[PDB]
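Lab note: Prostaglandin reductase 3, fenoprofen bound.
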Amino acid sequence: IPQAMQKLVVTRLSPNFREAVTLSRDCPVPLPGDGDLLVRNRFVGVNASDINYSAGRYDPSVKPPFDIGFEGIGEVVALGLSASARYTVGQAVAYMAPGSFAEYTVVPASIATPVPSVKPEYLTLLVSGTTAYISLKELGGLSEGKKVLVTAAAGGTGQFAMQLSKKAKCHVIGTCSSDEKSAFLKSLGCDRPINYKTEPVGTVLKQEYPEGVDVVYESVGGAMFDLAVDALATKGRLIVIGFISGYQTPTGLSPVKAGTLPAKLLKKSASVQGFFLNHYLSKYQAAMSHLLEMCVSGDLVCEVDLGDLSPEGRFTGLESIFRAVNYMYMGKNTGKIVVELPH
Ligand SMILES: NC(=O)c1ccc[n+]([C@@H]2O[C@H](COP(=O)([O-])OP(=O)(O)OC[C@H]3O[C@@H](n4cnc5c(N)ncnc54)[C@H](OP(=O)(O)O)[C@@H]3O)[C@@H](O)[C@H]2O)c1
Ligand SMILES: C[C@@H](C(=O)O)c1cccc(Oc2ccccc2)c1
Ligand SMILES: C[C@@H](C(=O)O)c1cccc(Oc2ccccc2)c1
(Lines of atoms letter the chains of each structure in order from A and count residues from 1; the text may use other names and numbers.)
(Lines give C-alpha, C1' and ligand atoms only; values in the text may rest on other atoms or scores of the structure.)
(Ligands and ions follow the chains in the order given, each with its own letter.)
Protein backbone atom coordinates (compact mmCIF):
# COMPACT_ATOMS: atom_id res chain seq x y z
CA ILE A 1 0.00 0.00 0.00
CA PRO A 2 2.24 2.85 -1.25
CA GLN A 3 1.45 6.56 -0.84
CA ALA A 4 1.80 7.34 -4.57
CA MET A 5 1.49 5.59 -7.93
CA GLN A 6 1.65 5.97 -11.68
CA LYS A 7 -1.34 5.95 -14.02
CA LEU A 8 -2.26 6.94 -17.55
CA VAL A 9 -4.59 9.92 -17.92
CA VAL A 10 -6.37 11.28 -20.97
CA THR A 11 -5.30 14.95 -20.96
CA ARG A 12 -6.44 15.87 -24.49
CA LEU A 13 -9.20 14.39 -26.67
CA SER A 14 -7.67 12.63 -29.68
CA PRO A 15 -7.59 9.21 -31.36
CA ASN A 16 -3.80 9.65 -31.43
CA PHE A 17 -3.12 7.76 -28.22
CA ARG A 18 0.37 9.23 -27.67
CA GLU A 19 -0.93 12.80 -28.11
CA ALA A 20 -4.06 12.21 -25.95
CA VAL A 21 -2.66 10.29 -22.99
CA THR A 22 -0.08 11.26 -20.36
CA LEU A 23 1.81 9.10 -17.90
CA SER A 24 1.09 10.78 -14.57
CA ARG A 25 3.77 10.03 -11.93
CA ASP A 26 2.78 11.25 -8.47
CA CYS A 27 -0.83 10.19 -8.13
CA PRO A 28 -2.34 9.30 -4.79
CA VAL A 29 -3.42 5.67 -4.48
CA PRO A 30 -7.23 5.74 -4.37
CA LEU A 31 -8.97 4.10 -1.40
CA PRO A 32 -11.85 1.64 -1.78
CA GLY A 33 -15.36 2.43 -0.56
CA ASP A 34 -17.50 0.01 1.43
CA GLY A 35 -18.48 -2.02 -1.64
CA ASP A 36 -15.14 -1.75 -3.45
CA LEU A 37 -11.94 -3.66 -4.04
CA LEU A 38 -8.56 -2.01 -4.51
CA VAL A 39 -6.79 -4.10 -7.14
CA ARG A 40 -3.05 -4.04 -7.71
CA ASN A 41 -2.93 -4.57 -11.49
CA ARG A 42 -0.48 -7.19 -12.73
CA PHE A 43 -1.70 -7.42 -16.33
CA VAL A 44 -3.84 -4.95 -18.26
CA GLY A 45 -5.52 -5.37 -21.63
CA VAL A 46 -4.86 -3.18 -24.67
CA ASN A 47 -8.03 -2.82 -26.76
CA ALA A 48 -8.61 -1.28 -30.17
CA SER A 49 -11.19 1.07 -28.68
CA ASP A 50 -8.69 2.49 -26.20
CA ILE A 51 -8.21 5.20 -28.91
CA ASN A 52 -11.96 5.72 -29.30
CA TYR A 53 -11.97 6.28 -25.53
CA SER A 54 -9.06 8.74 -25.63
CA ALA A 55 -10.87 10.50 -28.51
CA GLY A 56 -13.88 11.09 -26.21
CA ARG A 57 -16.25 9.05 -28.39
CA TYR A 58 -18.06 7.22 -25.59
CA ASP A 59 -19.29 10.51 -24.07
CA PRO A 60 -18.26 13.64 -26.08
CA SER A 61 -19.56 15.86 -23.23
CA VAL A 62 -16.90 14.56 -20.81
CA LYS A 63 -13.76 16.73 -20.70
CA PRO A 64 -10.24 15.59 -19.80
CA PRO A 65 -8.72 14.60 -17.47
CA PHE A 66 -10.05 11.08 -17.12
CA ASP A 67 -8.69 7.59 -16.47
CA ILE A 68 -8.34 4.97 -19.16
CA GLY A 69 -7.97 1.20 -19.69
CA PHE A 70 -10.93 -1.19 -19.79
CA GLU A 71 -9.66 -4.34 -18.03
CA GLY A 72 -7.19 -5.71 -15.52
CA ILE A 73 -6.20 -8.74 -13.49
CA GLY A 74 -4.28 -8.70 -10.22
CA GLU A 75 -4.46 -9.04 -6.46
CA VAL A 76 -6.90 -7.49 -3.98
CA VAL A 77 -4.67 -5.33 -1.74
CA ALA A 78 -7.45 -3.55 0.19
CA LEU A 79 -11.26 -3.64 0.28
CA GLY A 80 -14.30 -2.20 2.02
CA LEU A 81 -16.11 -4.02 4.82
CA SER A 82 -19.16 -5.08 2.77
CA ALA A 83 -16.88 -6.22 -0.10
CA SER A 84 -14.99 -8.41 2.40
CA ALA A 85 -18.05 -10.69 2.73
CA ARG A 86 -17.21 -12.15 -0.72
CA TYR A 87 -13.53 -11.20 -1.30
CA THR A 88 -10.29 -11.32 0.71
CA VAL A 89 -6.99 -9.45 0.68
CA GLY A 90 -4.55 -11.36 -1.54
CA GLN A 91 -7.24 -12.88 -3.76
CA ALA A 92 -6.78 -13.05 -7.55
CA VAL A 93 -9.48 -11.05 -9.36
CA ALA A 94 -10.12 -9.84 -12.88
CA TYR A 95 -12.44 -7.05 -14.00
CA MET A 96 -13.81 -5.07 -16.90
CA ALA A 97 -14.10 -1.51 -15.62
CA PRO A 98 -12.66 1.90 -16.54
CA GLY A 99 -9.28 3.03 -15.23
CA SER A 100 -7.24 -0.17 -15.47
CA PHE A 101 -4.19 1.70 -16.84
CA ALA A 102 -2.91 2.41 -13.33
CA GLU A 103 -0.78 0.60 -10.78
CA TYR A 104 -3.91 0.38 -8.57
CA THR A 105 -7.58 0.59 -9.55
CA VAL A 106 -10.77 0.79 -7.46
CA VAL A 107 -13.30 -1.80 -8.70
CA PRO A 108 -16.80 -2.43 -7.30
CA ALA A 109 -16.84 -5.95 -5.83
CA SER A 110 -20.17 -6.60 -7.59
CA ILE A 111 -18.54 -6.51 -11.06
CA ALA A 112 -15.24 -8.28 -10.23
CA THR A 113 -14.69 -11.83 -11.51
CA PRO A 114 -12.87 -14.21 -9.18
CA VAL A 115 -10.06 -16.09 -10.98
CA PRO A 116 -7.96 -19.10 -9.86
CA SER A 117 -4.65 -17.22 -10.15
CA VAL A 118 -3.17 -14.15 -11.80
CA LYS A 119 -2.52 -15.31 -15.40
CA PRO A 120 -2.76 -13.17 -18.54
CA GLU A 121 -4.80 -15.98 -20.19
CA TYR A 122 -7.69 -15.20 -17.87
CA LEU A 123 -7.59 -11.50 -18.84
CA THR A 124 -8.01 -12.48 -22.53
CA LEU A 125 -11.50 -13.64 -21.63
CA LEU A 126 -12.82 -10.47 -20.00
CA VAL A 127 -13.50 -8.38 -23.11
CA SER A 128 -12.20 -10.32 -26.11
CA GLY A 129 -13.64 -13.73 -25.13
CA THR A 130 -16.99 -12.44 -23.83
CA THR A 131 -17.54 -10.26 -26.93
CA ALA A 132 -17.09 -13.28 -29.23
CA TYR A 133 -19.09 -15.60 -26.99
CA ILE A 134 -22.12 -13.38 -26.44
CA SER A 135 -22.39 -11.93 -29.96
CA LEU A 136 -22.19 -15.36 -31.60
CA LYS A 137 -24.54 -17.05 -29.11
CA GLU A 138 -27.14 -14.27 -29.13
CA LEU A 139 -26.93 -13.12 -32.76
CA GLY A 140 -25.05 -15.73 -34.80
CA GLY A 141 -27.67 -18.46 -35.21
CA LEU A 142 -24.83 -20.97 -35.36
CA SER A 143 -25.47 -24.66 -36.06
CA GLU A 144 -23.59 -27.51 -37.69
CA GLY A 145 -22.25 -26.76 -41.16
CA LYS A 146 -22.81 -23.00 -41.15
CA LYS A 147 -20.02 -21.09 -42.81
CA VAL A 148 -18.53 -18.36 -40.65
CA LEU A 149 -16.09 -15.67 -41.81
CA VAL A 150 -14.02 -14.02 -39.04
CA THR A 151 -11.94 -10.91 -39.81
CA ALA A 152 -8.92 -9.92 -37.68
CA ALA A 153 -9.13 -13.66 -36.96
CA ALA A 154 -5.68 -13.91 -35.37
CA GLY A 155 -6.36 -11.03 -32.98
CA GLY A 156 -7.60 -10.74 -29.44
CA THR A 157 -11.30 -11.34 -30.01
CA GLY A 158 -10.91 -13.02 -33.42
CA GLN A 159 -9.17 -16.04 -31.96
CA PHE A 160 -12.27 -16.72 -29.83
CA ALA A 161 -14.80 -16.09 -32.58
CA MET A 162 -12.82 -18.71 -34.59
CA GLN A 163 -12.63 -21.35 -31.87
CA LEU A 164 -16.18 -20.91 -30.54
CA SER A 165 -17.55 -21.22 -34.11
CA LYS A 166 -15.60 -24.48 -34.52
CA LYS A 167 -17.07 -25.76 -31.24
CA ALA A 168 -20.50 -25.10 -32.82
CA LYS A 169 -19.44 -27.40 -35.73
CA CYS A 170 -19.16 -24.51 -38.18
CA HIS A 171 -16.84 -24.29 -41.16
CA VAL A 172 -14.67 -21.29 -40.43
CA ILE A 173 -12.75 -18.90 -42.71
CA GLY A 174 -10.36 -16.40 -41.08
CA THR A 175 -8.52 -13.36 -42.41
CA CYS A 176 -5.12 -12.12 -41.23
CA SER A 177 -2.04 -10.25 -42.54
CA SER A 178 0.84 -12.80 -42.38
CA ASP A 179 1.75 -16.43 -43.02
CA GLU A 180 2.72 -16.75 -39.33
CA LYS A 181 -0.80 -15.62 -38.40
CA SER A 182 -2.27 -18.06 -40.97
CA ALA A 183 -0.35 -20.92 -39.33
CA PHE A 184 -1.77 -19.80 -35.94
CA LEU A 185 -5.28 -19.88 -37.42
CA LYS A 186 -4.69 -23.37 -38.80
CA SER A 187 -3.53 -24.49 -35.33
CA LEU A 188 -6.90 -23.28 -33.93
CA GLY A 189 -8.77 -25.45 -36.44
CA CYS A 190 -9.48 -22.70 -38.99
CA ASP A 191 -10.73 -24.44 -42.14
CA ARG A 192 -9.56 -21.67 -44.49
CA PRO A 193 -7.02 -19.18 -43.27
CA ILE A 194 -6.50 -16.30 -45.71
CA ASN A 195 -3.49 -13.99 -45.66
CA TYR A 196 -5.29 -10.96 -47.17
CA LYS A 197 -1.92 -9.33 -48.10
CA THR A 198 -0.93 -12.24 -50.38
CA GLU A 199 -4.30 -13.66 -51.44
CA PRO A 200 -7.32 -11.64 -52.72
CA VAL A 201 -10.08 -12.30 -50.17
CA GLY A 202 -12.90 -11.41 -52.59
CA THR A 203 -11.69 -13.93 -55.14
CA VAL A 204 -11.20 -16.65 -52.53
CA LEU A 205 -14.75 -16.19 -51.26
CA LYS A 206 -16.25 -16.08 -54.80
CA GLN A 207 -14.36 -19.17 -55.97
CA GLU A 208 -14.43 -21.32 -52.82
CA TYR A 209 -17.77 -20.20 -51.34
CA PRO A 210 -19.97 -19.34 -54.35
CA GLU A 211 -23.18 -19.79 -52.31
CA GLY A 212 -21.79 -17.33 -49.75
CA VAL A 213 -21.07 -17.35 -46.03
CA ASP A 214 -23.79 -17.59 -43.40
CA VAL A 215 -22.24 -15.45 -40.67
CA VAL A 216 -19.56 -12.78 -40.63
CA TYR A 217 -17.80 -11.69 -37.44
CA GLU A 218 -16.66 -8.34 -38.86
CA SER A 219 -14.09 -6.31 -36.89
CA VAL A 220 -12.20 -4.41 -39.61
CA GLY A 221 -14.63 -2.23 -41.60
CA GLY A 222 -13.84 -0.45 -44.85
CA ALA A 223 -13.08 -2.59 -47.89
CA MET A 224 -13.22 -5.75 -45.73
CA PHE A 225 -16.80 -4.88 -44.71
CA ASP A 226 -17.70 -4.32 -48.37
CA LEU A 227 -16.31 -7.75 -49.38
CA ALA A 228 -18.09 -9.40 -46.45
CA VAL A 229 -21.49 -8.00 -47.47
CA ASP A 230 -21.01 -9.22 -51.05
CA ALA A 231 -20.06 -12.66 -49.69
CA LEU A 232 -23.27 -13.13 -47.61
CA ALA A 233 -25.39 -16.15 -48.37
CA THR A 234 -29.17 -16.00 -48.59
CA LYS A 235 -30.36 -15.20 -45.04
CA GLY A 236 -26.77 -14.50 -44.04
CA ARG A 237 -25.88 -12.37 -41.01
CA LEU A 238 -23.02 -9.85 -40.83
CA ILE A 239 -22.29 -8.85 -37.26
CA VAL A 240 -20.64 -5.43 -36.87
CA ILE A 241 -18.25 -6.06 -33.99
CA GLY A 242 -16.15 -3.04 -34.94
CA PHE A 243 -14.32 -1.24 -37.71
CA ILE A 244 -10.72 -0.77 -36.62
CA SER A 245 -9.61 0.48 -40.07
CA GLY A 246 -11.39 3.73 -39.22
CA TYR A 247 -10.60 4.44 -35.56
CA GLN A 248 -7.52 6.57 -36.21
CA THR A 249 -9.44 9.07 -38.40
CA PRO A 250 -10.88 12.28 -36.92
CA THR A 251 -14.42 10.76 -36.76
CA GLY A 252 -13.34 7.15 -36.21
CA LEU A 253 -15.20 6.12 -39.38
CA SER A 254 -13.87 3.97 -42.23
CA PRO A 255 -15.19 4.59 -45.77
CA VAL A 256 -17.50 1.90 -47.11
CA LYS A 257 -19.46 1.45 -50.32
CA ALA A 258 -22.75 1.16 -48.54
CA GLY A 259 -25.12 3.13 -50.86
CA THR A 260 -26.29 -0.18 -52.28
CA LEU A 261 -26.36 -1.91 -48.87
CA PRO A 262 -30.15 -1.87 -48.35
CA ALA A 263 -30.65 -3.23 -51.87
CA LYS A 264 -28.11 -6.03 -51.28
CA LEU A 265 -29.66 -7.03 -47.98
CA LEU A 266 -33.17 -7.11 -49.45
CA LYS A 267 -31.96 -9.20 -52.41
CA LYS A 268 -30.37 -11.77 -50.07
CA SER A 269 -32.86 -11.53 -47.15
CA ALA A 270 -29.62 -10.83 -45.25
CA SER A 271 -28.78 -8.67 -42.24
CA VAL A 272 -26.25 -6.29 -40.76
CA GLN A 273 -26.42 -6.43 -36.97
CA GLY A 274 -24.42 -4.24 -34.60
CA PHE A 275 -23.16 -5.58 -31.26
CA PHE A 276 -22.02 -3.52 -28.27
CA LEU A 277 -20.89 -5.68 -25.33
CA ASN A 278 -22.23 -3.22 -22.76
CA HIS A 279 -25.82 -3.77 -24.04
CA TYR A 280 -25.56 -7.46 -23.13
CA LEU A 281 -24.24 -7.36 -19.54
CA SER A 282 -27.14 -9.66 -18.44
CA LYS A 283 -25.29 -12.44 -20.40
CA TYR A 284 -21.79 -11.57 -19.18
CA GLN A 285 -21.50 -13.70 -16.03
CA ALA A 286 -22.59 -16.91 -17.76
CA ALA A 287 -20.24 -16.22 -20.72
CA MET A 288 -17.29 -15.55 -18.45
CA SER A 289 -18.02 -18.68 -16.43
CA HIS A 290 -18.05 -20.94 -19.48
CA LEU A 291 -15.01 -19.23 -21.00
CA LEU A 292 -13.07 -19.66 -17.74
CA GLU A 293 -14.02 -23.38 -17.55
CA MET A 294 -12.75 -23.98 -21.07
CA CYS A 295 -9.60 -21.91 -20.48
CA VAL A 296 -8.61 -23.78 -17.29
CA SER A 297 -9.41 -27.19 -18.78
CA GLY A 298 -7.25 -26.47 -21.85
CA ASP A 299 -10.24 -26.68 -24.21
CA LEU A 300 -9.70 -23.09 -25.44
CA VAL A 301 -6.48 -21.52 -26.69
CA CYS A 302 -6.07 -18.11 -25.07
CA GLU A 303 -3.16 -16.65 -26.97
CA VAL A 304 -1.35 -13.75 -25.30
CA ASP A 305 0.96 -11.30 -27.06
CA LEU A 306 3.08 -9.68 -24.33
CA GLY A 307 5.28 -8.15 -27.03
CA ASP A 308 8.25 -10.49 -26.42
CA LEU A 309 8.88 -10.43 -30.18
CA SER A 310 8.16 -6.68 -30.69
CA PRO A 311 10.94 -4.18 -31.62
CA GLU A 312 11.60 -3.11 -28.01
CA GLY A 313 10.57 -6.45 -26.46
CA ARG A 314 8.19 -7.35 -23.66
CA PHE A 315 5.47 -4.83 -22.88
CA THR A 316 6.47 -4.05 -19.29
CA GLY A 317 5.21 -1.05 -17.32
CA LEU A 318 2.51 1.54 -18.02
CA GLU A 319 4.96 3.35 -20.31
CA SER A 320 4.87 0.31 -22.67
CA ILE A 321 1.12 0.81 -23.29
CA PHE A 322 1.98 3.48 -25.87
CA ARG A 323 4.17 0.96 -27.77
CA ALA A 324 1.57 -1.75 -27.40
CA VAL A 325 -1.23 0.39 -28.90
CA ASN A 326 1.12 1.25 -31.80
CA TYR A 327 1.84 -2.50 -32.21
CA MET A 328 -1.89 -3.27 -32.57
CA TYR A 329 -2.34 -0.50 -35.16
CA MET A 330 0.68 -1.73 -37.15
CA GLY A 331 -1.16 -5.10 -37.27
CA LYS A 332 1.71 -6.96 -35.63
CA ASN A 333 0.02 -8.93 -32.86
CA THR A 334 -1.05 -12.57 -32.68
CA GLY A 335 -3.67 -12.99 -29.94
CA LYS A 336 -4.51 -10.59 -27.18
CA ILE A 337 -2.18 -7.68 -26.50
CA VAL A 338 -1.43 -7.57 -22.77
CA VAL A 339 0.87 -5.32 -20.75
CA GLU A 340 2.59 -6.52 -17.56
CA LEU A 341 3.03 -4.31 -14.49
CA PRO A 342 5.59 -6.46 -12.64
CA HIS A 343 5.81 -6.63 -8.83
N1 LIG B 1 -18.48 -4.57 -30.18
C2 LIG B 1 -17.82 -4.78 -29.04
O3 LIG B 1 -18.44 -4.76 -27.86
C4 LIG B 1 -16.35 -4.99 -29.12
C5 LIG B 1 -15.61 -5.40 -27.99
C6 LIG B 1 -14.24 -5.59 -28.14
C7 LIG B 1 -13.60 -5.40 -29.35
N8 LIG B 1 -14.36 -5.03 -30.45
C9 LIG B 1 -13.70 -4.82 -31.76
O10 LIG B 1 -12.98 -5.98 -32.12
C11 LIG B 1 -11.92 -5.54 -33.04
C12 LIG B 1 -10.55 -6.15 -32.65
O13 LIG B 1 -10.20 -5.43 -31.48
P14 LIG B 1 -9.01 -6.15 -30.57
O15 LIG B 1 -8.83 -5.22 -29.47
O16 LIG B 1 -9.32 -7.59 -30.32
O17 LIG B 1 -7.71 -6.03 -31.51
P18 LIG B 1 -6.92 -7.16 -32.27
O19 LIG B 1 -7.81 -7.89 -33.20
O20 LIG B 1 -6.05 -7.93 -31.34
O21 LIG B 1 -5.92 -6.21 -33.08
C22 LIG B 1 -6.36 -5.57 -34.28
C23 LIG B 1 -5.96 -6.39 -35.50
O24 LIG B 1 -6.78 -5.71 -36.53
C25 LIG B 1 -5.99 -5.63 -37.79
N26 LIG B 1 -5.75 -4.11 -38.09
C27 LIG B 1 -5.05 -3.22 -37.34
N28 LIG B 1 -5.04 -2.00 -37.86
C29 LIG B 1 -5.75 -2.09 -38.99
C30 LIG B 1 -6.10 -1.17 -39.97
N31 LIG B 1 -5.72 0.09 -39.90
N32 LIG B 1 -6.85 -1.59 -40.98
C33 LIG B 1 -7.27 -2.85 -41.09
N34 LIG B 1 -6.96 -3.77 -40.19
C35 LIG B 1 -6.20 -3.41 -39.13
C36 LIG B 1 -4.69 -6.44 -37.48
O37 LIG B 1 -4.81 -7.80 -37.77
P38 LIG B 1 -4.67 -8.44 -39.31
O39 LIG B 1 -3.37 -9.26 -39.33
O40 LIG B 1 -5.89 -9.28 -39.50
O41 LIG B 1 -4.57 -7.12 -40.19
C42 LIG B 1 -4.54 -6.24 -35.97
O43 LIG B 1 -3.74 -7.32 -35.41
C44 LIG B 1 -11.98 -4.00 -33.13
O45 LIG B 1 -12.83 -3.55 -34.21
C46 LIG B 1 -12.70 -3.67 -31.84
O47 LIG B 1 -13.40 -2.41 -31.81
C48 LIG B 1 -15.70 -4.83 -30.32
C1 LIG C 1 -22.89 -25.66 -24.81
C2 LIG C 1 -22.43 -25.58 -26.26
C3 LIG C 1 -23.40 -24.67 -27.07
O4 LIG C 1 -24.08 -23.79 -26.46
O5 LIG C 1 -23.40 -24.87 -28.30
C6 LIG C 1 -21.01 -24.98 -26.36
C7 LIG C 1 -19.87 -25.79 -26.25
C8 LIG C 1 -18.60 -25.22 -26.33
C9 LIG C 1 -18.47 -23.85 -26.53
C10 LIG C 1 -19.60 -23.04 -26.64
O11 LIG C 1 -19.48 -21.69 -26.75
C12 LIG C 1 -19.98 -21.02 -27.82
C13 LIG C 1 -20.44 -19.71 -27.64
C14 LIG C 1 -20.88 -18.99 -28.74
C15 LIG C 1 -20.88 -19.61 -29.98
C16 LIG C 1 -20.44 -20.91 -30.15
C17 LIG C 1 -19.98 -21.64 -29.07
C18 LIG C 1 -20.87 -23.60 -26.54
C1 LIG D 1 -6.18 -23.83 -11.22
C2 LIG D 1 -5.41 -23.00 -12.30
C3 LIG D 1 -4.69 -21.78 -11.71
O4 LIG D 1 -4.10 -21.91 -10.60
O5 LIG D 1 -4.64 -20.76 -12.44
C6 LIG D 1 -4.32 -23.82 -13.01
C7 LIG D 1 -3.63 -24.85 -12.34
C8 LIG D 1 -2.63 -25.55 -13.02
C9 LIG D 1 -2.33 -25.23 -14.35
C10 LIG D 1 -3.00 -24.21 -15.02
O11 LIG D 1 -2.62 -23.99 -16.33
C12 LIG D 1 -3.23 -22.99 -17.05
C13 LIG D 1 -2.55 -21.80 -17.26
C14 LIG D 1 -3.12 -20.76 -18.00
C15 LIG D 1 -4.40 -20.93 -18.52
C16 LIG D 1 -5.08 -22.12 -18.31
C17 LIG D 1 -4.50 -23.16 -17.58
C18 LIG D 1 -4.00 -23.50 -14.33
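By convention here, the first residue in the shown sequence is residue 1. Counting starts at 1 for both ligands and their atoms, following the listed order.
The ligands or chains that make up fenoprofen in this structure: ligands 2 and 3. Residues of other chains with a heavy atom under 4.0 Å from fenoprofen (ligand 3): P116, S117, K119, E121, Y122, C295, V296.
Of the protein's heavy atoms, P116 CB, 3.9 Å lies nearest to atom 1 (C) of fenoprofen (ligand 3).
At a 3.5 angstrom cut-off on N or O pairs, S117 counts as close to fenoprofen (ligand 3).
Summary of contacts: the protein heavy atom closest to atom 16 (C) of fenoprofen (ligand 3) is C295 O, 3.3 Å. Nearest protein heavy-atom neighbour of atom 11 (O) of fenoprofen (ligand 3): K119 CE, 4.4 Å. Distance check on atom 8 (C) of fenoprofen (ligand 3): every protein heavy atom falls at or beyond the 4.0 Å cut-off. Atom 2 (C) of fenoprofen (ligand 3) has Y122 OH, 3.4 Å as its closest protein atom, hydrogens excluded (heavy atom only).
When chain A is restricted to the residues UniProt lists for NADP(+) binding, none turns out to have a heavy atom within 4.0 Å of fenoprofen (ligand 3). There is a protein heavy atom closer than 4.0 angstrom to atom 18 (C) of fenoprofen (ligand 3).
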